[PDB]
Asks: 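Structure below; questions to follow.
Throughout, residue positions are numbered sequentially from 1 according to the sequence presented. Side chains included, hydrogens not; waters and symmetry mates left out as well; all remaining heavy atoms used. Counting starts at 1 for both ligands and their atoms, in listed order.
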Amino acid sequence: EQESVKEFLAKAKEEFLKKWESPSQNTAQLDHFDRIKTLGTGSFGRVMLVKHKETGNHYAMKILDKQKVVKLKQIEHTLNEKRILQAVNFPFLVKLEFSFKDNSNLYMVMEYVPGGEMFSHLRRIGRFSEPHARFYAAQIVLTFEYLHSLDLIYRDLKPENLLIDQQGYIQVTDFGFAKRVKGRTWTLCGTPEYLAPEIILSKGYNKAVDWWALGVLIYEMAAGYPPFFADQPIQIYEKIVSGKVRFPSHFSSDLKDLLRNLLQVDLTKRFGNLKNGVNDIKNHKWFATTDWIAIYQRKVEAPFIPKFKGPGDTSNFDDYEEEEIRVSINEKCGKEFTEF
Ligand SMILES: O=S(=O)(c1cccc2cnccc12)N1CCCNCC1
């Protein structure tokens, strides 16, 4: 580790801790925005393209229903998500611009990234070439180096959470499972195909789960499908815990070697969790052509630029029923969300 990297990360941690200890709160309100379109929807919230009525800027507004967050046992997770997002700063992490709450909902107003999910692009082309997968993987490696140095675990890496920006670079979204952890944590969360064995087996786990998930992501980008696939989750879990993985013959030997070390079922032997930390990944032969500083500085020409007409274009996102944003006349769950 060059003193240069050490000093960068020391400053990053100082700046994160100052915002972590004194979080911003209540920095806009709903009637500052016009609603444009629903971009995504889930069991306790949705994301909406909105336009600020005074500046004209577009944003992605995540709206969480407090009562559904409580029912689905996501209180601490939603508090983690906002407290972390308002404190971080890195080129490949989506920016939180405003946050607020009302009688019914929590609101996180983020930069709008018009290029769409990596998932859509991957499914449309089939698979990414190794150089193309490597460009995205390098951004995730650097992002995890940053997050883990702050004692943060991400826990939701998957192609649907990685958006492609106007320059073709990644923006990581969805901090709903991110957590500040010194040592181990225990919650069962994440998407089946991406879960590390130690999550499935109900162990106290650490940042090594993010490095496992990177292995799954690289495999899926390069093959077009994930390494452990089945019709039902329990069948997926049996494959994950087995210690067996099959690689397409078109994978390079270097790619297969990196993946065996990320998809290592013994967490004490897994790349990213050894004495040399992230450098076992950054120095691997599969990354020999990667200029880490040039990626960080966004000086590498991207594999593709998404096609879109302007900052309000939604063509790279898909269509959802447009439902009301109702705000109750009575405050709900005020105590639970006091710190938001
Ligand atoms: O609309 S999003 O939730 C989304 C979340 C957070 C920030 C965003 C910024 N720009 C666009 C979409 C965004 N998104 C697409 C549909 C669902 N998959 C996850 C990514």
Asks: Quick one: do you know the drug at ligand 1?
Replies: fasudil
Asks: Of all chains near fasudil, which one has the greatest contact count, and what is it called in UniProt?
Replies: cAMP-dependent protein kinase catalytic subunit alpha
Asks: Is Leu163 touching fasudil with its side chain, its backbone, both, or neither, if touching means heavy atoms under 4.0 Å apart?
Replies: side chain
Asks: Mark the output for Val94 as yes if a heavy-atom distance to fasudil is under 4.0 Å, and as no if none is.
Replies: no
Asks: Which atoms of fasudil sit under 4.0 Å from any heavy atom of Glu111?
Replies: 9 (C), 10 (N)
Asks: Using a strict 4.0 Å cut-off to heavy atoms of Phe317, name the atoms of fasudil that fall inside it.
Replies: 11 (C), 12 (C), 15 (C)
Asks: Against fasudil, which UniProt domain of chain A provides the most contacting residues?
Replies: Protein kinase
Asks: Less than 3.5 Å between some nitrogen or oxygen of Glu117 and one of fasudil, yes or no?
Replies: yes
Asks: Can you check which of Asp318, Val47, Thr38, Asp174 brings a heavy atom nearest to atom 4 (C) of fasudil?
Replies: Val47
Asks: Which is closest to atom 19 (C) of fasudil in terms of heavy atoms, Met118, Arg46, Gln171, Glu160?
Replies: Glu160
Asks: Does an N or O from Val113, backbone or side chain, lie closer than 3.5 Å to an N or O of fasudil?
Replies: yes
Asks: Hey, quick one: which of the residues UniProt lists as binding ATP in chain A get a heavy atom under 4.0 Å from fasudil?
Replies: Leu39, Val47, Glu111, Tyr112, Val113, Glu117, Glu160
Asks: So, out of the UniProt active-site residues in chain A, which one's nearest to fasudil, and how far by heavy atoms (to 1 Å)?
Replies: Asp156, 8 Å
Asks: Numbering the atoms of fasudil from 1, which are under 4.0 Å from a heavy atom of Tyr112?
Replies: 10 (N), 11 (C)
Asks: Against heavy atoms of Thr173, which atoms of fasudil measure under 4.0 Å?
Replies: 6 (C), 7 (C)
Asks: Could you pull out the residues near fasudil at 4.0 Å? Heavy atoms only, by chain and number.
Replies: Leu39, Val47, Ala60, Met110, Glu111, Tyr112, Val113, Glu117, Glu160, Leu163, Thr173, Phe317
